[PDB]
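Shown here: nirmatrelvir (bound form) bound to 3C-like proteinase nsp5.
A, B, C, ... go to the sequence lines in the order they are written. By the numbers in the PDB entry, the shown part of chain A spans 1-306. The numbers used for chain B are those of the PDB entry, and the residues that appear cover 1-306, in sequence. Remember, it's 1-based here, ligands and their atoms both numbered in the order they're listed. If you check the header, you will see the structure was determined by X-ray crystallography, 1.5 Å. No hydrogens, no waters, no symmetry mates; every other heavy atom, side chains included, goes into these values.
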2 protein chains.
Amino acid sequence: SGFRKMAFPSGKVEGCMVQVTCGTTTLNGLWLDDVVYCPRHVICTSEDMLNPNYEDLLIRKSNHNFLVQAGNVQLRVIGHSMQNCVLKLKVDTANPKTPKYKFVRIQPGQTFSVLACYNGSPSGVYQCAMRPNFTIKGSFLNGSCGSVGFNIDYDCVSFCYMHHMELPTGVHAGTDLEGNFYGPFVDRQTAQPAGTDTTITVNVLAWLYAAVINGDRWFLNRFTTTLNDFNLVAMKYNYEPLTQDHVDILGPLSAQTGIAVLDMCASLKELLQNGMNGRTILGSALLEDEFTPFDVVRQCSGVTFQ
Amino acid sequence: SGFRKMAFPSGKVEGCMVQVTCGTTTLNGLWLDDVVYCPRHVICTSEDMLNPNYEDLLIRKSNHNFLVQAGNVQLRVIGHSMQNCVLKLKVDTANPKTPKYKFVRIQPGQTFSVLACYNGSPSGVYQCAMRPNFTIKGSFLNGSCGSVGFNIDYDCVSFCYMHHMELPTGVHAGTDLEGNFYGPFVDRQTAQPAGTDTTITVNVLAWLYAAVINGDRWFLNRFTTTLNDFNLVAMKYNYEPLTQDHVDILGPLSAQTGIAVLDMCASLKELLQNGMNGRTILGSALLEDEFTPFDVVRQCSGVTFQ
Ligand SMILES: *C(=N)[C@H](C[C@@H]1CCNC1=O)NC(=O)[C@@H]1[C@@H]2[C@H](CN1C(=O)[C@@H](NC(=O)C(F)(F)F)C(C)(C)C)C2(C)C
Ligand SMILES: *C(=N)[C@H](C[C@@H]1CCNC1=O)NC(=O)[C@@H]1[C@@H]2[C@H](CN1C(=O)[C@@H](NC(=O)C(F)(F)F)C(C)(C)C)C2(C)C
């Protein structure tokens, strides 16, 4: 029993982190086989970053201008190219620690683990969700760019995020591993608008199932509701609509606990309308929306990775 | 910016996990050089665990009765001994992935990362604190025993916890790596009393400093207090006494923010007496006590590990 915010084991990703330096700018890169992936603004000076022309800046670089260090071993760069907002540096050595891997683009509401790194070295690991406004609530300092987000499936690391930038409100933005930003953002140091965020309903429901599995059952009421009626009530509270796809994904938790999804929705509706009346669920005084249904199953059923 | 519950990178520990089976009981072991460390109740049947005589049970085992698997490679056992509540299995192969390491016994209030494992394979990583009553609030299922807790210092893994047991309230107990329990517990399936828990004051103060560093400053009041006056008020709220040692450990955060420790204590006193009036600090509606002063510094200053 017990329920914690849990990250994936980070070792497979640790074996892929390197330091990339161009001029006096240093950040992290991801070394897979004979390619290093990193944010393209490694080629910028501080002044360039206010309004960069990355294509022009890259024209004036050659391979040897990129200092790639894996520990205290320099990796010789033998080619380079830009793909959207990421640079790809071909090196003459394949990473022997390369795991089985995929590049994926995740959906708003899905979670991932972040291995926060500085100078090519890991600092720590934490769990994040892609918010509905395509930001993440991370923890990142100067030099963290190129840190990656990922999920694991048995032996396969699915990389989904590379870190690029922070909005002065402490929220974070980045790209998939093809260099395409999540959200309407660009890698330039200028003010940019983000959509208002919303609560990830299907995840709140998953966490209420986690609560029941752990014996925290006080909020279960005797009612049911329709999907339509639930979505009208939840819209007022800035919850995202719950779809039939979401109901279907909640099926395994519903079957395990014997609580119908629409019955759990009726309990959530009461919590939204009435509050929690000074009580906690799984130790929290607020409803938590950064556990997916799979997160709950993998933690409560002890799924392992190879 | 941003502040998350952050675990240490787990890769160095992942390389040490193995599966140990004796009879039909299987749990996790920790393989360092040519020794595997695991909970001694691997030698128990389910019935033995109600009232085990471990010395008698071990008498009747020989080396070959222990099946140790590192991946799909069986490690030949060539000696065994019991040290308090842990078994030590000598194997004929040294773990080539053994990190620099130490065995330490941590103090109540200190935190560590847990790599939760099943069948010798990692499931996930999360951060825990040793509670003042010597329990931890973990997330552990059947088969998790032998999972370890640890801290890292540059390249050195300090192992501080091995998991043994769950009290039916969802809290957890275990040993240091010399097999000595934290707290007044024994590895037998019978009801046992734990002390009432208390709030780790020095950690709450560390987290309030983390909040200020992140721009969450609403709770700062204009007052100071004495250490004596703070401790009288906090005792009522089941907070542990704040010592001069604690004040000294908070020095780096105090100097960084320019807020005297006793001034932060005056702000905490107001929060304890008045509540948070529907507001949050770092997104939490409750005061958080499972970040140490070092946790705050290592996250907010980007300390890395080798
Ligand atoms: C990569 N190493 C850093 C990570 C930042 C630094 C502080 N916390 C983080 O997550 N990325 C940057 O410094 C990027 C980079 C130029 C400026 N930048 C920012 O993150 C800035 N934010 C923005 O410009 C905004 F608001 F639009 F997101 C900064 C004000 C420095 C936090 C480029 C090329 C975008
Ligand atoms: C190790 N693999 C498990 C981990 C447990 C299992 C469920 N969650 C956990 O953390 N350890 C055990 O099963 C130990 C073991 C016998 C019984 N046990 C318990 O954890 C039991 N708890 C107690 O006996 C109590 F309450 F005293 F802590 C159980 C009721 C099965 C949760 C031995 C040898 C103590």
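Under a 4.0 Å heavy-atom cut-off, the other chains found next to nirmatrelvir (bound form, ligand 1) are A. Heavy atoms within 4.0 Å of nirmatrelvir (bound form, ligand 1) belong to A:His41, A:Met49, A:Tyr54, A:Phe140, A:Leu141, A:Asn142, A:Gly143, A:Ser144, A:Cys145, A:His163, A:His164, A:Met165, A:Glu166, A:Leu167, A:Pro168, A:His172, A:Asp187, A:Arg188, A:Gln189, A:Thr190, A:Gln192. In terms of protein heavy-atom proximity, atom 4 (C) of nirmatrelvir (bound form, ligand 1) is closest to A:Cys145 SG, 3.3 Å.
Atom 24 (O) of nirmatrelvir (bound form, ligand 1) has as its closest protein heavy atom A:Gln189 CA, 3.2 Å. Of all protein heavy atoms, the one lying nearest to atom 14 (C) of nirmatrelvir (bound form, ligand 1) is A:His164 O, 3.5 Å. The shortest contact between atom 20 (O) of nirmatrelvir (bound form, ligand 1) and any protein heavy atom is with A:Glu166 N, 2.9 Å.
Between A:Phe140 and nirmatrelvir (bound form, ligand 1), a contact under 3.5 Å exists for at least one N or O pair. Nirmatrelvir (bound form, ligand 1) is contacted mostly by residues of chain A from UniProt domain Peptidase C30. Of the N or O atoms in A:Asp187, none lie within a sub-3.5 Å distance of an N or O in nirmatrelvir (bound form, ligand 1).
Of the residues UniProt marks as active site in chain A, nearest to nirmatrelvir (bound form, ligand 1) with least heavy-atom distance to 1 Å is A:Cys145, 2 Å. In this structure the covalent anchor for nirmatrelvir (bound form, ligand 1) is A:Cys145 SG.
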What does the N/O contact table under 3.5 Å look like for nirmatrelvir (bound form, ligand 1)?
unit_1	atom_1	unit_2	atom_2	d
nirmatrelvir (bound form, ligand 1)	2 (N)	A:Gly143	N	3.4
nirmatrelvir (bound form, ligand 1)	2 (N)	A:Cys145	N	3.0
nirmatrelvir (bound form, ligand 1)	8 (N)	A:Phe140	O	3.3
nirmatrelvir (bound form, ligand 1)	8 (N)	A:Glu166	OE1	2.9
nirmatrelvir (bound form, ligand 1)	10 (O)	A:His163	NE2	2.8
nirmatrelvir (bound form, ligand 1)	11 (N)	A:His164	O	2.9
nirmatrelvir (bound form, ligand 1)	20 (O)	A:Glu166	N	2.9
nirmatrelvir (bound form, ligand 1)	22 (N)	A:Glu166	O	2.7

